[PDB]
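For reference, the structure is listed below as structure tokens.
In the text below, chain A, chain B and the rest are named by the order of the sequence lines, each starting its count at 1. Just follow the structure's listing: the first ligand is 1, and inside any ligand the first atom is 1. Values below: every heavy atom of this structure, side chains too, minus hydrogens, waters and symmetry copies.
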There are 4 protein chains.
Amino acid sequence: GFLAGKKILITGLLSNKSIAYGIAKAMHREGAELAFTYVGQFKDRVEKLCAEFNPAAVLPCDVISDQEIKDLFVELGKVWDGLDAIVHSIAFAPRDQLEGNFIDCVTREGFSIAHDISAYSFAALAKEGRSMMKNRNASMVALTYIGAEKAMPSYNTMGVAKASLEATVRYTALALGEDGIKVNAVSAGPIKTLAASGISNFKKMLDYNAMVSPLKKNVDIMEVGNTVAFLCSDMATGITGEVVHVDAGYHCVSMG
Amino acid sequence: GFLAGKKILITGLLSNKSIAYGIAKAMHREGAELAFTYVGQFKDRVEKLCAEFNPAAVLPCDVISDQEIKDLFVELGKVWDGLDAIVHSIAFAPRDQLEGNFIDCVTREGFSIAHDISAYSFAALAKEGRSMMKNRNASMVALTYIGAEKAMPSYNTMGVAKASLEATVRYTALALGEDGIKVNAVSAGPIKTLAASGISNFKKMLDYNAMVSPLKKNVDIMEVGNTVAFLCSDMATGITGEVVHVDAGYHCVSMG
Amino acid sequence: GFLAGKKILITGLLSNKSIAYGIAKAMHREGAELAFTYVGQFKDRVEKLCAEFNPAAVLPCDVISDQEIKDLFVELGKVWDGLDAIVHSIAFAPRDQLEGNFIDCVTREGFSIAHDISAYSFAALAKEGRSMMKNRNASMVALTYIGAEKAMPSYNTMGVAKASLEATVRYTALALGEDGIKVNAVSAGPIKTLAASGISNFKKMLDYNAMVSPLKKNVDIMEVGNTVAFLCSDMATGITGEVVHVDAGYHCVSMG
Amino acid sequence: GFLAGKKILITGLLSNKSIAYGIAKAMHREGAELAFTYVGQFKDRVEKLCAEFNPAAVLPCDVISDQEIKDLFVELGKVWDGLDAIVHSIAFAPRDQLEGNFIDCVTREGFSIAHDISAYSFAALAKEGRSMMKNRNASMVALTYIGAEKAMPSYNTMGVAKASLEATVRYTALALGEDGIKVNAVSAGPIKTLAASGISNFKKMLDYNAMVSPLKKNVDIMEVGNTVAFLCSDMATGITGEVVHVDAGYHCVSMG
Ligand SMILES: NC(=O)c1ccc[n+]([C@@H]2O[C@H](COP(=O)([O-])OP(=O)(O)OC[C@H]3O[C@@H](n4cnc5c(N)ncnc54)[C@H](O)[C@@H]3O)[C@@H](O)[C@H]2O)c1
Ligand SMILES: NC(=O)c1ccc[n+]([C@@H]2O[C@H](COP(=O)([O-])OP(=O)(O)OC[C@H]3O[C@@H](n4cnc5c(N)ncnc54)[C@H](O)[C@@H]3O)[C@@H](O)[C@H]2O)c1
Ligand SMILES: NC(=O)c1ccc[n+]([C@@H]2O[C@H](COP(=O)([O-])OP(=O)(O)OC[C@H]3O[C@@H](n4cnc5c(N)ncnc54)[C@H](O)[C@@H]3O)[C@@H](O)[C@H]2O)c1
Ligand SMILES: NC(=O)c1ccc[n+]([C@@H]2O[C@H](COP(=O)([O-])OP(=O)(O)OC[C@H]3O[C@@H](n4cnc5c(N)ncnc54)[C@H](O)[C@@H]3O)[C@@H](O)[C@H]2O)c1
Ligand SMILES: Oc1cc(Cl)ccc1Oc1ccc(Cl)cc1Cl
Ligand SMILES: Oc1cc(Cl)ccc1Oc1ccc(Cl)cc1Cl
Ligand SMILES: Oc1cc(Cl)ccc1Oc1ccc(Cl)cc1Cl
Ligand SMILES: Oc1cc(Cl)ccc1Oc1ccc(Cl)cc1Cl
């Protein structure tokens, strides 16, 4: 496997529909040694779910908290000497930020929170994980959406938070490059996950991608997972600060 | 004047050198009726600066506060029947967010504050000004910088907040379009302003720009101001969600 | 007028529906001294049409021919000492390049011809006009379409030619910057012109822009013309290598 | 191997240092069955180079000729029941198009030739290969360069042709998508190849890249080859119309 022996932390695994689940399946297939995080109460749920990946550790991490993130790496460091990659597959904005007219709905705190969790958390993981990642062709990958690049209905302040995220990925790539850490993002097309039901427009978005996309289909978590996997491999060491669209080609067309 | 009669609110006027000053000069030349905001204790400084423009109002507004933004437009509603444009020329991030390695310097709070004042404040002005701007070919312009698009040394968290601001400009353009309101940004090249002091490598950027850009020069506040004035005129009613680079062409080249 | 006394050459004027016609109206309004080109047989047609703009010259120029382009500037130079701007508002691809599946329809020669006329002609005009434009804040503007940036049905090899054009604009901006010549493009939304009937998809494209665009409308030749006018003014001397979308905001959104 | 069984045609193999050589090494390692084309008198040189790959066929194809491209696929149809991928790793422009000021150097013919071989030839391969690639998760990859996106010294007409090639990649992706064929490009950083000799400022670009890019290094043909191999694999079936930068992050930064 092209990830054989690599030590990789996966965030955001919630159900077997999660993009993180596809990433896990892909990386496990390729020989990676995998660890996982969960938020507070989903402990036993995620614990059962990720067992099938022979995890080196399953640890709590609500990225809201500087403490939990710091402790995540303290505990992870009791299990692993160093770390090969961090996979960031997590976002959040209050529900009222994801419906209706953007200007009607947006609020100062919702904006703040969407950004705190969906964008800042990526650089926070980088900050704490850096020491374990130093000097080993380490990698980071974040999940984003085309809502960052173009305005669209519903996605609203999450769209704005994704743009912050993509920029954070670029600045993170610049900052950590000297340590041989590559930092990239996968821009995934619409996939029916738990988080997706939180988007007003989702059924429409999903249907629309299939019709308009060049490949005339929706993507799945294995296409996404496989791409994230590659981006944590030695084959991808020339790639950094990049956004790769895994969206059946939706990003390259206009009209349809 | 191609702004004759138009009622425009200008934020960010701090000194003789502010970009907002160039904007003000340009719009006053073009027949605009102007209002200005100030923060903190700069009431006298700003009144003195903007006196030559015969402003209708010089009002307090620290965009950290929702109430002040709300009261700004209530007071404005007392001198003006309606608003033609809002010029957003305001940004802030704590000094420790603008020096050294991005991952070293980044903090949750500094991230939050940068986004809150540099980006959220644009949508906040849009939210409270919206009713006065409805249905008169109204306009909004924000000031951004190429650090939103590309990572660069030192700009760090502001770079990320600027990416957030540009996405906010797009979603705002989408949200306000049905009201005939166009929403755009001007991406200015480095100009020597008071804020530029907070950029550790600023003299670097300025000299680099002049040497590398096609027009082999630095831009000035009138170049930026004229462009902002244009983007508030009836000539630009076909343009929204756009970012216009006023940077002597720096944006279009690679190497020099 | 903000173009008062400026000497500007306009190409592509064919009917009073032409984008070039809007550009002419706008620049004449702003005090510009205007000259025009035509292709071979449209001589008397264009001659009648542009009379209303008090043209300094109306000259033949089929950009297919290196000879006619060279002679255009020889004759123009008998009338004007120097030249302030060139407006390129011309494109062509064989009809069979603009219908159906791109791969089915595209041909080596059609590709060549689309590029020769729609892209190369811009740099050819720059090459010959340069000497008259030297050292006077001169300008060039080309018309493009979003078909360059994104693949779309029908537009096909014209889309590919527009991408070449936009790149030619950037390389031209780099090359001529040292002479103080600024070089930009306006990316216009769909407008019902003569050339438009040559596009299979046009009615659909037109209708689709109105529904999806933030400003919920189609643009007109005066919005486009006014923007081109501004881009040939002293107000725009900080702008070069830029593409400005005048498309009611279509470019910034996804879905609708 | 993640290309096991896949039948892939590789163009552009000229030497030990060609990018096509890195691509070939990577795909042979991953289980691909390979074929190669050559131009002119390099039949013996290429057969000798690609012998270790146990190619199914080493065939003549100068992409200036439609007939040769047509006959290529007829001959290929004699060894293979179907084609899984085409690697386009080929460009050309006359030397006088790659030195000095772009406007000084550009000619109609040099423009035409650059586009014809560097860009049109990609769609031409797509046209004639299409029937063998139908409905097998087939793939196309072209090699491009950041000179398509930004203007830079010397690259000149090739820069423009590369912009044309990237648009062709998008329209081809749109056209071939219904056939399950994904179409992408790899944007490689400067690598020391035979062609690089024709770039007057190449040692400039190479040293600049290593100093300025986040990973503080130059890319190599295996980094590019691995990525191209990935883009021909079943793992990448969610990706089309994409451009992936394999440039040590150069694309994402500004200043250094
Ligand atoms: N589903 C899609 O169509 C799609 C498309 C593009 C991008 N993405 C992105 O992919 C990622 C995965 O989302 P998903 O769609 O698989 O949904 P999901 O519901 O499976 O995953 C959402 C994850 O975010 C985690 N999360 C939320 N707040 C957190 C916090 N404070 N700390 C730690 N974890 C937190 C949740 O536990 C959950 O595991 C997200 O970044 C999402 O924005 C999803
Ligand atoms: N100077 C440059 O090179 C340059 C380049 C690109 C973009 N910009 C942007 O242009 C804008 C104007 O900046 P400038 O360079 O003219 O500097 P400046 O220092 O003259 O103006 C900055 C303004 O931001 C205002 N501000 C800061 N915090 C505020 C708050 N909380 N509430 C209300 N106002 C607040 C300040 O009062 C000040 O007037 C900024 O958005 C800046 O990021 C500047
Ligand atoms: N109509 C639209 O929706 C639209 C949208 C975006 C961009 N554009 C671009 O704007 C420009 C103006 O086109 P238009 O739509 O106003 O159509 P139009 O039919 O009025 O103009 C087409 C012009 O190109 C000229 N032309 C063609 N071949 C020529 C040659 N070999 N030499 C000299 N002139 C030649 C024709 O004479 C004509 O004047 C074109 O570049 C077009 O691609 C048009
Ligand atoms: N070397 C770099 O730094 C770099 C960077 C970015 C992109 N690229 C691109 O990668 C590709 C491979 O180039 P390379 O750098 O490995 O150089 P190379 O000289 O090894 O390969 C160039 C190939 O183009 C082929 N070619 C030229 N004209 C042809 C024609 N008419 N018909 C068929 N084949 C023809 C040549 O035979 C040769 O094998 C090119 O598209 C190039 O533009 C190279
Ligand atoms: O970013 C997404 C994009 C799409 Cl199309 C579907 C789901 C996405 O992911 C989320 C959306 C909203 C919230 Cl609150 C949390 C997450 Cl993880
Ligand atoms: O965005 C800017 C970009 C440049 Cl090149 C120069 C000044 C800028 O403006 C700021 C920079 C830092 C802070 Cl704290 C506040 C402001 Cl207004
Ligand atoms: O580029 C265009 C885009 C649109 Cl939506 C409409 C018209 C356009 O202009 C042309 C289209 C085809 C040919 Cl043959 C010539 C020209 Cl001038
Ligand atoms: O595109 C390239 C970019 C770089 Cl940095 C180096 C080599 C490249 O490839 C070429 C450059 C010029 C010619 Cl004539 C032919 C080819 Cl294949």
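Considering ciclopirox, varenicline, penciclovir, nitrofurazone, triclosan, the one found at ligand 7 is triclosan. Here the macromolecule bound to triclosan (ligand 7) with the most contacts is known in the PDB entry as Enoyl-[acyl-carrier-protein] reductase (NADH). Other chains, heavy atom under 4.0 Å from triclosan (ligand 7): C.
Applying a heavy-atom cut-off of 4.0 Å to triclosan (ligand 7) picks out C:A91, C:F92, C:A93, C:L98, C:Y145, C:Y155, C:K162, C:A195, C:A196, C:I199, C:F202. In terms of protein heavy atoms, atom 10 (C) of triclosan (ligand 7) is closest to C:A195 CB, 3.7 Å. Per the entry, the organism of origin for chain C is Francisella tularensis subsp. tularensis. The contact set between triclosan (ligand 7) and C:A93, taken as ligand atoms under 4.0 Å from a residue heavy atom, comprises 14 (Cl).
With hydrogens left out, the protein atom closest to atom 11 (C) of triclosan (ligand 7) is C:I199 CD1, 3.7 Å, a heavy atom.
By the definition of a contact as any protein heavy atom under 4.0 Å away, atom 8 (C) of triclosan (ligand 7) is not in contact. If you check which protein heavy atom lies closest to atom 6 (C) of triclosan (ligand 7), you get C:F202 CE1, 3.9 Å. Distance from atom 5 (Cl) of triclosan (ligand 7) to its nearest protein heavy atom, with residue and atom name: C:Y145 CZ, 3.5 Å. Among all protein heavy atoms, the one lying closest to atom 15 (C) of triclosan (ligand 7) is C:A91 O, 3.4 Å.
Of all protein heavy atoms, the one closest to atom 1 (O) of triclosan (ligand 7) is C:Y155 OH, 2.6 Å. Set against the non-hydrogen atoms of C:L98, the atoms of triclosan (ligand 7) under 4.0 Å away are 12 (C), 14 (Cl).
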Could you go through triclosan (ligand 7) and note, for every N or O atom, any protein N or O atom closer than 3.5 angstrom, writing the atom names and distance to 0.1 Å, or 'none'?
| from | atom 1 | to | atom 2 | distance (Å) |
| --- | --- | --- | --- | --- |
| triclosan (ligand 7) | 1 (O) | C:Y155 | OH | 2.6 |

